[PDB]
Amino acid sequence: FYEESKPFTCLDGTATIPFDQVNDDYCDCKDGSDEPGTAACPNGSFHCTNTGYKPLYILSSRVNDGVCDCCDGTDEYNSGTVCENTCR
Amino acid sequence: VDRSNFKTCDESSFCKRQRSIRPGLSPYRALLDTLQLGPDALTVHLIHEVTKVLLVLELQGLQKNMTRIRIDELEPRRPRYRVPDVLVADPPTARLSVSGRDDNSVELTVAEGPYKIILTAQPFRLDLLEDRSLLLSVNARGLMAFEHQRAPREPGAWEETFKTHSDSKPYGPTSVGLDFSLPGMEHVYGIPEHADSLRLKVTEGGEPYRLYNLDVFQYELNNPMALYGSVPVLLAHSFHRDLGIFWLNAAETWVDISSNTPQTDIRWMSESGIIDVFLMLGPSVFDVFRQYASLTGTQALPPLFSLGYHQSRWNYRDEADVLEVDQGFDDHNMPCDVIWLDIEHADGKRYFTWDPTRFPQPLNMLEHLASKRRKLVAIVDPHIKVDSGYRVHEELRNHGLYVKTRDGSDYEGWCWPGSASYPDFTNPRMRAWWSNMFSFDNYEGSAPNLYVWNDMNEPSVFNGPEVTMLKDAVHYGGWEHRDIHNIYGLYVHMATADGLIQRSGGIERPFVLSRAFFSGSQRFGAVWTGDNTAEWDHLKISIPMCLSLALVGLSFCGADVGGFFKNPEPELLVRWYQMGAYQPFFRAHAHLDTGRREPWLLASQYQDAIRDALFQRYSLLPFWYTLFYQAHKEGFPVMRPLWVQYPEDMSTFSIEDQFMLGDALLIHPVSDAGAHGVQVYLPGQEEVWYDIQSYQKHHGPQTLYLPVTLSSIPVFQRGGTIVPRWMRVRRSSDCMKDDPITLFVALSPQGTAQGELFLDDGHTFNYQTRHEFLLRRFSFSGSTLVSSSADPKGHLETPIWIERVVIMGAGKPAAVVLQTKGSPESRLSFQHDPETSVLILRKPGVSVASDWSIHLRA
Ligand SMILES: *[C@@H]1O[C@H](CO)[C@@H](O[C@@H]2O[C@H](CO)[C@@H](O)[C@H](O)[C@H]2NC(C)=O)[C@H](O)[C@H]1NC(C)=O
Ligand SMILES: CCCCN1C[C@H](O)[C@@H](O)[C@H](O)[C@H]1CO
Ligand SMILES: [Ca+2]
Ligand SMILES: [Ca+2]
């Protein structure tokens with residue numbers, strides 16, 4: 001009857017987790033690949049999309065740390081620091 | 001050191017006079033016919049049989065197992081100094097009752113017992129007992145000496161010279177001294193500051209320990225020379241009991257220690273003032289800590305940032321250098337909370353100013369650091385350049401707030417800015433003026449993220465005797481410098497801390513680092529061991545120096561990481577970061593002529609080991625913060641000798657190559673070049689210890705030979721404890737202070753553990769004025785971990801949650817269930833290592849503010 005979606009596999013193959021464990025603010029993969037959008041993994045990276053300009057990657061520990069790391073300010077989405085776009 | 005710049009006992013005429021009095025029959029006797037007993041005190045006259053000088057003994061029993069002994073002249077020519085502002089309250093008393101009396105002796109019971117005091121009239125003696133056990137005797141060796149004030153105007157008893165400096169000494173010989181006997185005591189501690197062993201040495205064959213706040217250039221190790229601070233508190237420990245002696249005197253003080261059925265005798269000898277001594281009778285060391293904290297207060301609760309890593313040197317050159325250092329931390333993924341500005345930041349060593357070439361826009365620099373969520377510290381010393389263009393000098397000169405010479409003119413020394421004057425910090429109005437100078441309006445260029453360092457507050461006077469103030473300089477109330485010397489520094493520290501509080505309208509907690517200190521200095525911030533050297537033996541001595549400080553209430557201690565003088569080899573610098581990462585005040589600092597040593601300037605293996613050390617410290621900030629809250633509330637030391645947790649283990653009594661943080665972590669830092677292992681003593685009958693890196697369990701008591709690499713920091717978690725951590729290491733503590741917690745539960749052999757956690761906003765007095773904080777208790781027993789409130793008065797709005805639980809010494813469960821009011825029962829996934837017995841509970845997801853339980857089902 002209804003076909004289920006497949007789970008998430010870490011890029012390092014260490015585990016397989018449901019999709020509610022992706023960006024769930026807890027580190028489940030040894031490579032940090034389940035948390036690209038949060039600060040939960042000690043070895044993760046967050047991608048500054050910087051729409052219109054050069055994209056940059058920052059440490060996961062810099063996501064919602066209250067400091068503006070990405071020129072587009074997307075690293076600060078739920079911290080109380082409101083980052084302005086400084087990409088130009 | 002140049003020892004010839006500093007007086008030996010023989011060169012201090014009052015020490016020579018006092019020390020020449022040898023054990024014998026005391027000439028002092030009490031005149032029992034003059035005895036008066038009241039609800040609060042016993043008084044009696046004492047007389048010297050030869051000179052016929054009359055003294056008054058005021059003997060008091062005090063609440064919390066203490067005794068106070070005060071001796072002053074009955075009819076003085078001029079009043080004798082009594083130390084102000086050190087005691088936090090007038091100590092609550094206990095009634096003395098006469099339970100025995102004869103022609104030569106009076107037995108006194110303290111309240112309803114069991115403490116008793118025997119006063120012997122001839123020769124004068126006091127004996128303090130608990131029931132039938134003799135705890136301590138006073139004047140047992142007849143060494144009491146009270147030089148009465150003679151008519152104003154033998155060798156050096158009056159005018160006295162040392163090198164080229166003359167002391168006019170208008171009051172002549174006025175020194176006071178008394179001995180104490182400690183039966184059953186072979187180990188004594190405290191009386192900082194000395195670069196010496198934790199267990200104090202017998203002074204018989206050499207010099208007494210000296211307490212006189214002094215700036216000692218290139219100080220050397222394992223000697224009793226007086227350093228920058230003086231805490232006249234001695235602790236005595238045996239298998240059976242703990243005692244403390246607190247000699248409340250601000251004048252130059254020498255302490256003789258001797259032994260002899262084992263017994264230690266202590267003699268205190270002070271230049272001036274009265275005899276004012278507190279005997280703190282324990283019986284446990286924690287009881288002595290409480291007793292002493294009830295007298296002088298507790299460690300001020302540091303703002304969280306001050307417990308992070310501090311980066312300093314003499315000097316960061318300019319705003320660009322500060323901003324490159326800040327950016328250097330972030331580019332190399334190394335956390336740092338504070339960057340320090342030494343004396344070169346000011347306009348020619350005029351404090352409260354900025355060099356306009358180097359720092360033209362201080363507010364903008366501070367704004368940049370605030371955007372990185374970091375702070376700055378600026379040096380502010382208590383010497384003011386004599387310059388008519390300098391507003392601070394003009395205001396102080398005009399209001400007569402400087403220390404004076406006998407002729408009434410303002411004292412002028414040669415110091416960091418040449419001809420300089422010294423504000424009289426003993427004057428309450430001068431301290432108010434100083435506090436007011438820290439307002440954002442008065443201290444132009446300062447901001448809420450700028451904190452302060454008080455240096456050279458002994459006071460250090462470059463052209464002075466022993467690099468300090470003349471003895472005959474005059475202070476508030478007409479007291480001589482000799483009377484107040486050891487509290488000068490404390491008052492600078494006090495006034496600076498009050499300035500930082502006041503500038504915020506009383507909301508923000510202060511951060512002040514002070515070089516000089518006295519009893520009570522714990523109330524005002526941090527202290528450090530001064531100008532150490534970049535050598536292995538100075539790295540070692542940081543433990544006994546900070547432990548000696550911890551024992552006497554000064555929990556916020558550290559030593560310059562890397563050493564102040566000279567260039568440390570990379571390996572030494574790494575070991576120093578590892579040592580410093582596990583000490584209360586954690587600052588890297590370096591002298592003007594040293595090479596740059598920011599941690600990313602080293603080769604990658606050294607940078608990596610340093611980064612590891614910094615991550616360990618930052619992750620442990622919740623633990624450090626909780627230990628500091630416990631110090632603030634109870635007066636218990638943060639960094640502890642092993643004998644404090646193992647009072648009956650005689651093999652721990654002299655240990656100074658290891659220490660404990662609270663009751664949970666045992667640290668044995670690597671302190672030798674080319675070391676491949678360390679001998680770790682793991683105490684406790686039926687105690688277990690977990691290697692925090694490998695999770696390997698070890699049973700006490702044992703000496704373990706642990707292999708080490710450059711990155712190793714030998715740290716063991718005690719069975720029965722729960723250590724909270726922030727596992728998400730960020731660039732500074734402000735970044736981390738709202739993050740989720742990981743609880744590290746180390747199971748005892750009984751399968752139990754406990755620990756606390758204190759949380760607040762990280763920087764204000766809201767915890768005390770609004771009860772805005774959390775004090776949680778985590779307890780594990782049977783198969784359940786529970787969070788409950790340890791202080792229901794504390795409420796806090798916080799996003800902090802429990803993200804993980806790590807249980808060491810646990811079996812593999814079948815199921816893990818979390819219960820918390822307002823939520824359905826939750827099932828947690830978990831991971832278990834059968835080799836280590838380590839169980840990791842995934843994402844409990846519960847608020848730290850809630851009561852909860854986690855049950856492990858078989
Ligand atoms: C004050 O002194 C009494 C007596 O030394 C302390 O009470 C004893 O405490 C020990 C534990 O250290 C017990 O084993 C004894 O049974 C207690 N004896 C008595 C007579 O109570 C007391 O704890 C001390 N109080 C303070 C506040 O320091
Ligand atoms: C000799 C001039 C003052 C020396 N200061 C002493 C202090 O203990 C050090 O930490 C400082 O770096 C230094 C410069 O102010
Ligand atoms: Ca996840
Ligand atoms: Ca950020």
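Note on naming: letters A, B, ... go to the chains in the order of the sequence lines (proteins, then strands), and numbering restarts at 1 for each one. Hydrogens, waters and symmetry mates play no part in the numbers below; they use all other heavy atoms, side chains included. For ligands, and for the atoms within them, numbers begin at 1 and follow the listed sequence.
- The chain that ligand 2 touches most here appears in UniProt under the name Neutral alpha-glucosidase AB.
- Modeled at ligand 2 is a drug that PDB records call N-butyldeoxynojirimycin.
- Using a 4.0 Å cut-off on heavy atoms, the other chains next to N-butyldeoxynojirimycin are B.
- Binding site of N-butyldeoxynojirimycin at 4.0 Å, heavy atoms: B:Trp314, B:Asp342, B:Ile343, B:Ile379, B:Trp416, B:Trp453, B:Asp455, B:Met456, B:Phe462, B:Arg515, B:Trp528, B:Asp531, B:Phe564, B:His589.
- Every atom of N-butyldeoxynojirimycin with a heavy atom of B:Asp531 under 4.0 Å away is listed here by number and element: 6 (C), 7 (C), 8 (O), 9 (C), 10 (O).
- Annotation: B:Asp455 places an N or O atom under 3.5 Å from an N or O atom of N-butyldeoxynojirimycin; distance criterion only.
- Measured against 4.0 Å, no other ligands or ions are close to N-butyldeoxynojirimycin.
- Counted by heavy atoms under 4.0 Å from N-butyldeoxynojirimycin, the UniProt substrate-binding residues of chain B that qualify: B:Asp342, B:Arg515, B:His589.
- Looking at B:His589 next to N-butyldeoxynojirimycin, an N or O pair under 3.5 Å apart turns up.
- Closest UniProt active-site residue, chain B versus N-butyldeoxynojirimycin, heavy-atom distance to 1 Å: B:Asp531, 3 Å.
- Any N or O atom pair closer than 3.5 Å counts here, and B:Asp560 shares no such pair with N-butyldeoxynojirimycin.
- The entry's source annotation for chain B reads Mus musculus.
- Where the criterion is an N or O separation shorter than 3.5 Å, residue side chain and backbone included, B:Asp342 meets it with respect to N-butyldeoxynojirimycin.
- Close approach to B:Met456 involves these atoms of N-butyldeoxynojirimycin, each under 4.0 Å from a residue heavy atom: 3 (C).
- Atoms of N-butyldeoxynojirimycin lying under 4.0 Å from any heavy atom of B:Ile379, numbered from 1 in the order shown and given with element: 15 (O).
- Taking every heavy atom of B:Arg515 and a limit of under 4.0 angstrom, the matching atoms of N-butyldeoxynojirimycin come to 6 (C), 7 (C), 8 (O).
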